[PDB]
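All remarks here apply to the structure that follows.
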Amino acid sequence: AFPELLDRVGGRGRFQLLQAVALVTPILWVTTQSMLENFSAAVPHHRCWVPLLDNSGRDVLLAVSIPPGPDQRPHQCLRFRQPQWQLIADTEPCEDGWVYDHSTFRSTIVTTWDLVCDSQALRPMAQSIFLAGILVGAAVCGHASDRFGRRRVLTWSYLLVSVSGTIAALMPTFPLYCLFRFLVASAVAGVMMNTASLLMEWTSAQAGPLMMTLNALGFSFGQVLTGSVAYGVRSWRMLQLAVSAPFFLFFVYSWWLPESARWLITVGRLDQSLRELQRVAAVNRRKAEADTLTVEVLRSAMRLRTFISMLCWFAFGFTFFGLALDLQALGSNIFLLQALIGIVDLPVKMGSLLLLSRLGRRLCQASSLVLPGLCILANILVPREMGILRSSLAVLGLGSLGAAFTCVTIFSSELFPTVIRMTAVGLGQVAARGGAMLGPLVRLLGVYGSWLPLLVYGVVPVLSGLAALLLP
Ligand SMILES: CC(C)(Sc1ccncc1-c1ccc(C#N)c2ccccc12)C(=O)O
């Protein structure tokens, strides 16, 4: 009887739009704390400290103390025991600290904790830890909102994000920074899950397409917001503070939004449900049918396809979260990137969807994975002087991968006995989230050659997409 009550109280109107505007804005900043691990842990050019240079012909002094490296650069991990003045065999690891290049970034976490050379694996692990935190927090919060409400959990998760972010920028050692970020990730996952549930709960009929389109648009704009904010603040201790502070301001205003009116009924909190419904009616201005509500009415109210979807979600999560966090290897000008991604994404997603869906439902699913995977794979062959071509290929690949989610979210999930889609989208989301903690771990394989990470990162989407043609 809840849909009839919602029709009696509203639908579309004013409040159902103010709630969307008030809830979408936190998603922009939520995106900022997931892709922030691209301007915070940025690796500049690091050389070895020398007693000759850098105080107790600059070019000759640099050439005599540091042996030449393989990639046409001074060596980043070794120095000469004694100035080899024979240069008009014996090398010792750096023992006086590195010297970094401060020309685009002032202080990253790499600069402050020397995560270079031998201690290199720790950098692709500080991201897998965050994704494991998101995975854990997206599973714990599921069993903590059906008993504590759907609005209180969001309000407290805002405060948790704010406090954990404001603390994580003031730690003196790596292990604690790898734990407070875990807490931030769990709280962010809770925020996203509850925002989606609240967005759908209050809306009917015109709820499926538009509201879930709004969330994807929010993420796409959050990417541009991340780029713009990173363009301004250059340090890393003043970036986490500036990104985590707005969540406290969101927490204060989050005390006025009404709670879900469908959860209040199944628990017996009829009186407050009535208060919430009448309050919503006044904002919606449809204060004509609300006189009907007199407690009693609310008292009466109170396999192959599945595996294919599993693999598609896993491939999307794997490739996207392994590629979007290393944009220093897809080209240059990191600030210009991370902003063209969303601007490409929205036109690309809309235009690709509109044209391809007319071919068929399976064709759109197939062409949204093979195309970006092949675009990424065809990036190795390009020589390292056509910067525009490789940058365009990478941007197109990421934009198409972003569109794959939408093309597999509301267009897909029908490939089942077709009762309701929240018993399948939620199952796919656990695979998508569990396919990202196995993400940046592939980037640990930069040794044994450097082409292999990109090769795997392009092959996996291609095989996953080509397996979708085997539906029967
Ligand atoms: C776990 C995923 C699949 S990814 C995600 C997790 C945490 N924070 C942000 C995103 C995210 C990033 C870029 C997107 C794009 N384009 C996007 C689109 C839809 C949903 C999430 C994202 C989810 O959240 O379902």
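Using the PDB entry numbers, chain A covers 2-57, 68-99, 111-324, 347-516, in order. Heads up, header says this was done by electron microscopy, 3.5 Å. Counting starts at 1 for both ligands and their atoms, following the listed order.
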What drug do the PDB records list at ligand 1?
verinurad
At the binding site of verinurad, which chain contributes the most contacts (name from UniProt)?
Solute carrier family 22 member 12
Write down the species the deposit gives for chain A.
Rattus norvegicus
Which UniProt transmembrane segments of chain A, numbered from the N terminus, hold a non-hydrogen atom less than 4.0 Å from verinurad?
2, 4, 5, 7, 10, 11
Name the residues that contact verinurad at heavy-atom distances below 4.0 Å.
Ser35, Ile156, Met214, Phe241, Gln245, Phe360, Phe364, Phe365, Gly446, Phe449, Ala476, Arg477
